[PDB]
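The following structure: tiamulin with 23S rRNA.
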Amino acid sequence: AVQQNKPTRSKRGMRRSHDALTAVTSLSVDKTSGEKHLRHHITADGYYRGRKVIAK
Amino acid sequence: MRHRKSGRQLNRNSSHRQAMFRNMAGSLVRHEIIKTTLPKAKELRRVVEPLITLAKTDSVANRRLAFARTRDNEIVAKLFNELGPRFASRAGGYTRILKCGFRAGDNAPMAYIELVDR
Amino acid sequence: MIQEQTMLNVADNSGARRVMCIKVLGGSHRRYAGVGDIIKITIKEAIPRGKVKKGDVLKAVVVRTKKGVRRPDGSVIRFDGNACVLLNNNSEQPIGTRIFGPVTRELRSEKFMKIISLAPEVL
Amino acid sequence: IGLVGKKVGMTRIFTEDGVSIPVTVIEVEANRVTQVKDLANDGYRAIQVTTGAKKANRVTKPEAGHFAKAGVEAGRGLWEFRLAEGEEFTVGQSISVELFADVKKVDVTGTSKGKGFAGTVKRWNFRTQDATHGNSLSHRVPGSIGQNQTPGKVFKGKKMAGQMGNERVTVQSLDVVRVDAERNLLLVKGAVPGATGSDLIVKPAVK
Amino acid sequence: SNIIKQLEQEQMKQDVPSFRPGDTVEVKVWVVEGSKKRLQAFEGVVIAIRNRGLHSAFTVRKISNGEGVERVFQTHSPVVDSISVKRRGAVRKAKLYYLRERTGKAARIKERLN
RNA sequence: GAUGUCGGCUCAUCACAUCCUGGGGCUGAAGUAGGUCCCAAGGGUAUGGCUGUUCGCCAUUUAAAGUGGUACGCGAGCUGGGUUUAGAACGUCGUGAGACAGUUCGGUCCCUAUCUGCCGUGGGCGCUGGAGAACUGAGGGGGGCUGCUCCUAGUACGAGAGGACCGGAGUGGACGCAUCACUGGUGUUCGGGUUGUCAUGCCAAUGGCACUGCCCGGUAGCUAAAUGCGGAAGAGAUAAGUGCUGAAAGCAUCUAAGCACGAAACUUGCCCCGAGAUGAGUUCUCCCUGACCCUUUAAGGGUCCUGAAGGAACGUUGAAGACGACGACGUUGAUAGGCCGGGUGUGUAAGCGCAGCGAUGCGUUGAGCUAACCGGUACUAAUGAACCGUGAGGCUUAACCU
RNA sequence: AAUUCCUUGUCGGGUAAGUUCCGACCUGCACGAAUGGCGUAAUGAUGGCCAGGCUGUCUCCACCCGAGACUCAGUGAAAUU
RNA sequence: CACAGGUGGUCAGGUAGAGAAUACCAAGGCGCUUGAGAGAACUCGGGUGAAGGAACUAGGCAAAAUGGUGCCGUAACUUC
RNA sequence: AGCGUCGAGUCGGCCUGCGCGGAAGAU
RNA sequence: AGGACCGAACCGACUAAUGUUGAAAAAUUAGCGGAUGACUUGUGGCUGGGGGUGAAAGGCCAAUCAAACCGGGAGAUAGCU
Ligand SMILES: C=C[C@]1(C)C[C@@H](OC(=O)CSCCN(CC)CC)[C@]2(C)[C@H](C)CC[C@]3(CCC(=O)[C@H]32)[C@@H](C)[C@@H]1O
Ligand SMILES: [K+]
Ligand SMILES: [K+]
Ligand SMILES: [K+]
Ligand SMILES: [K+]
Ligand SMILES: [K+]
Ligand SMILES: [K+]
Ligand SMILES: [K+]
Ligand SMILES: [K+]
Ligand SMILES: [K+]
Ligand SMILES: [K+]
Ligand SMILES: [K+]
Ligand SMILES: [K+]
Ligand SMILES: [K+]
Ligand SMILES: [K+]
Ligand SMILES: [K+]
Ligand SMILES: [K+]
Ligand SMILES: [K+]
Ligand SMILES: [K+]
Ligand SMILES: [K+]
Ligand SMILES: [K+]
Ligand SMILES: [K+]
Ligand SMILES: [K+]
Ligand SMILES: [Mg+2]
Ligand SMILES: [Mg+2]
Ligand SMILES: [Mg+2]
Ligand SMILES: [Mg+2]
Ligand SMILES: [Mg+2]
Ligand SMILES: [Mg+2]
Ligand SMILES: [Mg+2]
Ligand SMILES: [Mg+2]
Ligand SMILES: [Mg+2]
Ligand SMILES: [Mg+2]
Ligand SMILES: [Mg+2]
Ligand SMILES: [Mg+2]
Ligand SMILES: [Mg+2]
Ligand SMILES: [Mg+2]
Ligand SMILES: [Mg+2]
Ligand SMILES: [Mg+2]
Ligand SMILES: [Mg+2]
Ligand SMILES: [Mg+2]
Ligand SMILES: [Mg+2]
Ligand SMILES: [Mg+2]
Ligand SMILES: [Mg+2]
Ligand SMILES: [Mg+2]
Ligand SMILES: [Mg+2]
Ligand SMILES: [Mg+2]
Ligand SMILES: [Mg+2]
Ligand SMILES: [Mg+2]
Ligand SMILES: [Mg+2]
Ligand SMILES: [Mg+2]
Ligand SMILES: [Mg+2]
Ligand SMILES: [Mg+2]
Ligand SMILES: [Mg+2]
Ligand SMILES: [Mg+2]
Ligand SMILES: [Mg+2]
Ligand SMILES: [Mg+2]
Ligand SMILES: [Mg+2]
Ligand SMILES: [Mg+2]
Ligand SMILES: [Mg+2]
Ligand SMILES: [Mg+2]
Ligand SMILES: [Mg+2]
Ligand SMILES: [Mg+2]
Ligand SMILES: [Mg+2]
Ligand SMILES: [Mg+2]
Ligand SMILES: [Mg+2]
Ligand SMILES: [Mg+2]
Ligand SMILES: [Mg+2]
Ligand SMILES: [Mg+2]
Ligand SMILES: [Mg+2]
Ligand SMILES: [Mg+2]
Ligand SMILES: [Mg+2]
Ligand SMILES: [Mg+2]
Ligand SMILES: [Mg+2]
Ligand SMILES: [Mg+2]
Ligand SMILES: [Mg+2]
Ligand SMILES: [Mg+2]
Ligand SMILES: [Mg+2]
Ligand SMILES: [Mg+2]
Ligand SMILES: [Mg+2]
Ligand SMILES: [Mg+2]
Ligand SMILES: [Mg+2]
Ligand SMILES: [Mg+2]
Ligand SMILES: [Mg+2]
Ligand SMILES: [Mg+2]
Ligand SMILES: [Mg+2]
Ligand SMILES: [Mg+2]
Ligand SMILES: [Mg+2]
Ligand SMILES: [Mg+2]
Ligand SMILES: [Mg+2]
Ligand SMILES: [Mg+2]
Ligand SMILES: [Mg+2]
């Protein structure tokens, strides 16, 4: 099965109207380190909820 | 439908899953913290925590059951001599999962799983 | 749970030994006969001198089934084989004069009271 | 009117004459009248009821003000029952399962269990095609879905695969086996829609 | 849960005897033939037990008038008047479905002597 | 510059010239059972043997086994037996190549769906301040089948033979919805037996591999063969039909005026969807009661302060689920895992001791182990925040109140 | 009849029921003797028919294990128009 | 094509086994150049199935079944 | 006409205008 | 002894499913036939296009066969599109 007519740039754009990405709503701030991080995830420097959980 | 069913298939067959969790349980007991995918970490709790519970009561029978389930006498010794004693007064919850972002190669959600008194 | 093509043993002294169900009677698209239901049969095996012959087409009442019968408390009675009693095609009265093996209380009705009376036990 | 309850599960009642009655156990706690609707204000006659309990932190301010007007504790939801002409109720009144003490049969409404996306075999009792005899990839598939150029379309309501279950279902004319006001229980003969723990609406049988 | 367990507990028989698969049991059941109610005995080998509280059941197999018969009794049913163990059997398995393929000498169960 | 073909399968949909069930007139209609015509399309409307068959014949059912239309409905849905390629043979025709609306054996069925359509399921915006709920019901859909037995009654009817209407009670078939208490299936996540082999130093005990190695059982869940429930009654308006009163037409006449009956069709009643019903409805509750500047004076634009109700997001998740969605829960906490106790299943672990030359048996012991179950329990993970959403909501007119 | 149009010939067998099959009959549309006739043990991934066993082929499907399908990240076609 | 294809010779360990079959291993060599989740329909490849047992179908197609060694025993017909 | 009653029209053909039945189909 | 029997290698290709913009311009998987012979296989050689070769299918002769491929006559001819 294949198209009988070439779909338009308009229709292509309409299909892609749901493709937009969503930015992370907000980042959390660790209470000790002050580092931004994804909520419920450890920081880049290995903190979570103010505790040095992971060294380096 | 999967109503009320437990256990993740993890895109493996039963023999592969069993072997993988035996290996990963060994790794967590040895190192006390490992990094793995978040779903594997959640499944690993159901394998590792019963081994620690078993290890609270040191007997020949329990060491052999632990050996049947781990196949590593270094792991069995650590379970019975170190971890069982360390967790003697703790009613479950011997591990904690800490989410740690996404793997570079495949964007897999990752977590650390560690023993709680590490 | 007897259907077309099911082979049954015979629980009587009609002379038939093996019969095949060729119709479950008593409704359009009716799938199954259980204990106490009337079926159409053909005789597949009969003893040399009986009241019936191989190839005769007649009726039978199912008296024992492997699927069995449920009772009002949830209990089940199951038999090791399927068996029926041959009936005259017109009168629907037993051909034989003796009944072999147990039957069930499901046959206690006016039509089959003769089978109950002849049966060695009723479960 | 009826009452809102919860499906506890199924069991049986043995009678002395050796009948086992399969029963659904429905927990029917006090239904509290939260609003009375009348012709003047609402254009129809009904009671709104709540039952059970909700944690204060999950009760929104709009919900809480509605319950506070009635002078009732917050329950887990709100449901309406239409009133017949002689039926009168007051806001704050509690209605118990004793309502059904002399009711012989009930209709029970619940949300059926959810089967997710179901094929035509399961959803509509379509017959399978041959497992063998040359069948190519078409064992549980639906078969033809229409005719030809006339009408050159599929008709609305065509039975096809899709969401099955997880919908409102009423089972009518179930025997009331026992009304136990002390334990807040209604026992009805036979199965009713939904999973253990789901909400049930129980009404005297319409037929 | 607690509700159902309470509803079930009040219906449970309190004097059900101990028995095991392989035991010979005689079950006396009520038979109502008009106004006449009487006890009928069904004696045979217990081949299966379902332990399930009020929903407990057990399956008894006998060879009756030349025919194998199995009855699944609902243990707490009032139809079952009484259960008595006539012989204790020594078997390994919980479920003795293998006896369905056995007759006569092949179907014998050793007595459990303790 | 291709509109795939007989028959089957799957899935249908319409017509009515009706096969059954419903209503009715006439009968050469006693009854039972028929004949024939009228009304009626709600629902229902065989399985097999033979043959590629459609059909037909036959067997045995059924209330009945309707007739037609839909590309002789349906191959981007299946089949490929028939038919119509290439091989081969028979009969036949032909000197022959070959041929036959003769036969015979063998003989590749492609397509990831763009649009329409259809089944499901979301996102957007709208509905005029915002928000959380409960609804009304325009409208739409589903459902609508029927046997047998008994009673009425061996009554009415009939010479007898036989044998009712009307009305009542029960019990089924088929179909549908739900459910898992029971009976069962499954149950590669539970327990056990066992073959070969390799390993853990060895013994003993275990693990890997051999389709889950092969098996025997089996929890939860899912489930049918399991077991609950359904079709209706009632009402309205009618069809054919039957009438009342009644002239035109002193009579007669169901009809012209007027009035009454009358069917599974129709409108309701039952079940489900349903306010995008843009004609965007209703009810209840909740929230926001700050300054100032500017110009293209306007439903104008901006700045500072403010950020509610609620929402979303994230997390732990669910008998919810393709994803979205929907539901529960987030420490003031049982949301999930673990843990504790129980249940269930398997069927008497290991170790030790005893008996035996030994395989093995016996004791400790209904032991040990035990998933998705039940009852509990903050041990682990569900974070303080942050984010979105604002700051009293247009004009006109009427009525009521200042 | 690998040949018979009429034809599902007729009769018998087998089946509850057999346009096929087997046995006969002869009315050979249009067999027939090395473009061989009629048989024939053995042989055959050969054609037809029947029976026992066996079964999800089917009544009528259910559940389960895996690979896809679905979601996320990376890469990234096609016929057609 | 870093392609389930094709390509002659030589070597020949252990346990079980008639065996170079087959299972498990040794020496030795590999996990096959996308992964991660989820646990719908449907498709593919498999396992089990109550009662029935060819009713399926053009046709038992496919599946299920049988399956080893020793001994006993074995019909018509036959070119023996 | 209906019942000698009875007291005004009545009867049935022809021609012609317009209607009625005859009249069942498939999204 | 054997164009003997059962059965791997080896040589084949009867059935089914898959695949059919394939993993593959003929395969894969489960079954299947031959397997001391009219067997199979390596290397090299010979036969050439109206010609070869053919246990014969118009089969095969470099993914091409009722007359190969390449170049030429050549812009054959085309009352057809
Ligand atoms: C090739 C054409 C086919 C596929 C089949 C065709 O059938 C025939 O043409 C039968 S005669 C040819 C048979 N065969 C070659 C010997 C080729 C199919 C058949 C059935 C008709 C008779 C002619 C029209 C048709 C389209 C519709 C149809 O029914 C087809 C054509 C346009 C179709 O493309
Ligand atoms: K039709
Ligand atoms: K009539
Ligand atoms: K109709
Ligand atoms: K056509
Ligand atoms: K076709
Ligand atoms: K098409
Ligand atoms: K297709
Ligand atoms: K279009
Ligand atoms: K169940
Ligand atoms: K189960
Ligand atoms: K082993
Ligand atoms: K609205
Ligand atoms: K949804
Ligand atoms: K918990
Ligand atoms: K023991
Ligand atoms: K022991
Ligand atoms: K136990
Ligand atoms: K001929
Ligand atoms: K010749
Ligand atoms: K000869
Ligand atoms: K043959
Ligand atoms: K040439
Ligand atoms: Mg076009
Ligand atoms: Mg998109
Ligand atoms: Mg769970
Ligand atoms: Mg994957
Ligand atoms: Mg394995
Ligand atoms: Mg669900
Ligand atoms: Mg079918
Ligand atoms: Mg194919
Ligand atoms: Mg297939
Ligand atoms: Mg159109
Ligand atoms: Mg064209
Ligand atoms: Mg009509
Ligand atoms: Mg209609
Ligand atoms: Mg109607
Ligand atoms: Mg037919
Ligand atoms: Mg057609
Ligand atoms: Mg048609
Ligand atoms: Mg196709
Ligand atoms: Mg088509
Ligand atoms: Mg063909
Ligand atoms: Mg030819
Ligand atoms: Mg409708
Ligand atoms: Mg049913
Ligand atoms: Mg249960
Ligand atoms: Mg079971
Ligand atoms: Mg196991
Ligand atoms: Mg050992
Ligand atoms: Mg190994
Ligand atoms: Mg190996
Ligand atoms: Mg008059
Ligand atoms: Mg009806
Ligand atoms: Mg137990
Ligand atoms: Mg053990
Ligand atoms: Mg003991
Ligand atoms: Mg426990
Ligand atoms: Mg012929
Ligand atoms: Mg003939
Ligand atoms: Mg046959
Ligand atoms: Mg004949
Ligand atoms: Mg013949
Ligand atoms: Mg000849
Ligand atoms: Mg001659
Ligand atoms: Mg000659
Ligand atoms: Mg010859
Ligand atoms: Mg992608
Ligand atoms: Mg590669
Ligand atoms: Mg390669
Ligand atoms: Mg080779
Ligand atoms: Mg090998
Ligand atoms: Mg799957
Ligand atoms: Mg199988
Ligand atoms: Mg199993
Ligand atoms: Mg079965
Ligand atoms: Mg069975
Ligand atoms: Mg059989
Ligand atoms: Mg058949
Ligand atoms: Mg058929
Ligand atoms: Mg086969
Ligand atoms: Mg097989
Ligand atoms: Mg040979
Ligand atoms: Mg070849
Ligand atoms: Mg092969
Ligand atoms: Mg051979
Ligand atoms: Mg061989
Ligand atoms: Mg040729
Ligand atoms: Mg070639
Ligand atoms: Mg030429
Ligand atoms: Mg020239
Ligand atoms: Mg030219």
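Letters A, B, ... mirror the listed sequences (proteins, then strands); counts begin at 1. Both counts, for ligands and for their atoms, begin at 1 and track the order of listing. What you see here is only part of the deposit, and the contact count is restricted to that part. Below, all heavy atoms of this structure are taken into account, side chains as well, without hydrogens, waters or symmetry copies.
- The full list of places where tiamulin can be found here is ligand 1.
- With heavy atoms closer than 4.0 Å, the chains neighbouring tiamulin (ligand 1) read F.
- Binding site of tiamulin (ligand 1) at 4.0 Å, heavy atoms: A2(F), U3(F), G4(F), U5(F), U84(F).
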